[PDB]
Amino acid sequence: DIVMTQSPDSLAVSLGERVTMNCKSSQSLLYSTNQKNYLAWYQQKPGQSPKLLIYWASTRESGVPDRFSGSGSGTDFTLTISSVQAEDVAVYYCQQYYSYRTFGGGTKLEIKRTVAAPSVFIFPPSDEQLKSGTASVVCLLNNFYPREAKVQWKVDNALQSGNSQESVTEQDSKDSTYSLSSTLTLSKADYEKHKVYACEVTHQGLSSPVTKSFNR
Amino acid sequence: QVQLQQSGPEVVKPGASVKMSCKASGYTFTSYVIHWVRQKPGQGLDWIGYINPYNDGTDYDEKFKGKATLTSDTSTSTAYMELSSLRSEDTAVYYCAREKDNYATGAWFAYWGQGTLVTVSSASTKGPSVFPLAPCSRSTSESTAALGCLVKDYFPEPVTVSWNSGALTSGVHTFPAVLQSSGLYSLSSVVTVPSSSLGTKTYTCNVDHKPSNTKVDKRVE
Amino acid sequence: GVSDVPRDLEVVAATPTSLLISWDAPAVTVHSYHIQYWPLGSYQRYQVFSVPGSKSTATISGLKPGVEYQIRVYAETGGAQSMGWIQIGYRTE
Amino acid sequence: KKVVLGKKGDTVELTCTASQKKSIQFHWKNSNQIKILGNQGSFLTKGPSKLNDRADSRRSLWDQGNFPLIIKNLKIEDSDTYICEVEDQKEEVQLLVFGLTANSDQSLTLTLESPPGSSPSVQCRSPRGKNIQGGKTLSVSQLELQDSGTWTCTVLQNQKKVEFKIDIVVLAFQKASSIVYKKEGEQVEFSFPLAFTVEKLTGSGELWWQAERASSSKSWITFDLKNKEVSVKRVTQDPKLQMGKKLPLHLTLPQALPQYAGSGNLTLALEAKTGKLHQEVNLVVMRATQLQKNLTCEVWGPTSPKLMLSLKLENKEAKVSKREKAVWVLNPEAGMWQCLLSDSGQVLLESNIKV
Ligand SMILES: *[C@@H]1O[C@H](CO)[C@@H](O)[C@H](O)[C@H]1NC(C)=O
């Protein structure tokens, strides 16, 4: 087959800045007769299927906006986003159709924003879950830009390890921010035993580490 | 309006084969070539094969020369692909696509299907319990408040969640699921509203699980 | 791996009685190229001639017009590779 | 607009015509808008394209209003979209050229030469009728001497197809074996095509055979080969063998009989290289016939144990089937029954009988 290689692994670009994303092919994709490159570019926003962007390496699809433009010929091709909008957070792929149909590894385009702290909240376990026998304690971090966040669970001023399960989104399309969900799961009997629960947080935006506590 | 609609998610024993479908509508089904792409969770697209609906012409990539089998039902205007002797690695999402035009004029994948998630596993499918996530009390000094649903002990992925019949879409964050130690995924969904607005509107989240055929709307306030 | 097969065989130009073929040499040094041509189906009526390993083309005279033919070119290396071949077909005017 | 597929090296004509049945100015240009050819009054002006040598037109049809473009000795790189341009409107015709070529690394390989961006599927039928389907490349892994005729590969892109025909020749004394399955009474044919290197060379040979009884190995005939001339040294009376005087090593058995069955070795040596060349040959014979009210079907010779015999009416299903060497039915239902010795996928021998 024709080995496609995409650089970089992932890309961080600031707002309004210019994006360059490269796709190099094993052998040439240029057809000597009709002078057409048999290469295409695709966008995949999270949770969706891929979307056609550029065909023939020089032409874009009708839906595509004007800022995207395809460049290159032969074996070295490049996608250029004129001005990165906040909504272009996606992973972009390149494909050849000269022989068979091979794709690339992908370039994740992430936007680099001003630093912003999280707005943190804690939930107690619902009464309905407690009647079943399981206590789950979720701690939320919303719209924090620096993906680095420290979350620790303290139960009556005692660090908890091994029982927290955490989940993070991808970069929001509206403002280019993240969100986290740390979930503490335990049984009802062990939940009843202790009186005070709190998730302590650290972030580059928080000058002092912050905590939110509740009492059963 | 050319549509491509695939099967829903499935569970398949190891070693067993999974036959999945892709239904086309909006064009002459025997006039364009159909392609199949595999994408593993958070990984690149892997091309599999291409079928000509006219005579069921077949060509595959070497990686899938044994596994992949492409057939098409011309009357129902549907394309199928089945993988044989499924392995743990083979758990992935598979897409069906179409060439823009015929006879080498348009060979790029322009029209796409939604995707089919095949969870290669021997475990049993199980229904998700939906719990409400609400603040301890409405004494918050700060205007923003947090509401959410807690979808726990569901298998296999995917589960889709929408708020107020899909009406509420500002400040909503549905988190990717996590595998509980028990062995069932547990997903958390939240949404932001102002403190002043609790009790004004009623908030309800819609959980929909396809392998179980379960839809449970949970009132959260 | 380390194959000994002539490659990219084609017919450059033809007349109703003659073909002129060209082929691309393999990796190894080749002592001579053997051009074998017969009418489609009937192998029994083949005629074969040899050209030196440095020559890239050969003319084929004495052909009947409007006839499907089969053309086969071997390459023999003197070292002890083997007799490899590439084969195409063609039709005279 | 139009779509034309072509054979590599063949000649195709692209039809363009105009409304006015007169000689008027026109030209042809390919996908890249490059002049292919034009007319200046009576004269024909040549275009600057790399298709200059092969592309041409016929001036006979210019008065009648046809303006064809002729391309001879098609190449895959010729496959492209072409445009006929009269000053008023343009007619567009898309051309794809395929080709088929055969490589050899006993075993054979076929490669389908394809234009860029195509999505073709290729099925291929043997002379005996075996179908081998594949994508851009096909591989003929295992070949027997019998299946050595003219093969036919039909290539399909979307809705348009093109037919290729190519010969396959299997060498005898290579590792490929020979086998023939015949119903009782038929004449038996064995062919041992010789390699072109040794065909002129001279040697001597003979054929050993074994029958239903393993007591003796008969050693049917001894023969001598000088120049391209085959002469016989000795023949057994029992099979009335015919050895072709002509160079293609041809051997014929007058009629197939059960006693004339079993494995055999054919050995050819040569005074030149003095290295014994061998070749393995099998004959399997079926007898399916009805004696009074009994119906019996037996098979003789060296058959792999895996294959199975069956007796069946062509309307219904198999009335009896075993993997053994003999099958018998008593008082069978009225109809045209059939006896089959077959492997899992195809039927090696079928005999049709009337009860
Ligand atoms: C038919 O002939 C075969 C020959 O061996 C014999 O085995 C079988 O028993 C016969 N069946 C009859 C006479 O019904």
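Order of the sequence lines sets the chain letters (A, B, ...), proteins ahead of strands, with each chain counted from 1. Just so it is clear, the values below take in all heavy atoms, side chains as well, and ignore hydrogens, waters and symmetry mates. Recorded method for this deposit: X-ray crystallography, 3.7 Å.
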Discussion item. Okay, next thing: the drug at chains A and B, what is it?
Written reply: ibalizumab
Practice prompt. Identify the macromolecule bound to ibalizumab in this structure with the most contacts, using its name in the PDB entry.
Written response: T-cell surface glycoprotein CD4
Item to complete: Using a heavy-atom cut-off of 4.5 Å, enumerate the other chains touching ibalizumab.
Response: D
Worksheet item: In terms of heavy-atom pairs under 4.5 Å, which chain of ibalizumab has the most with chain D?
Response: chain B
Worksheet item: What designation does the entry use for chain A?
Response: Ibalizumab Light Chain
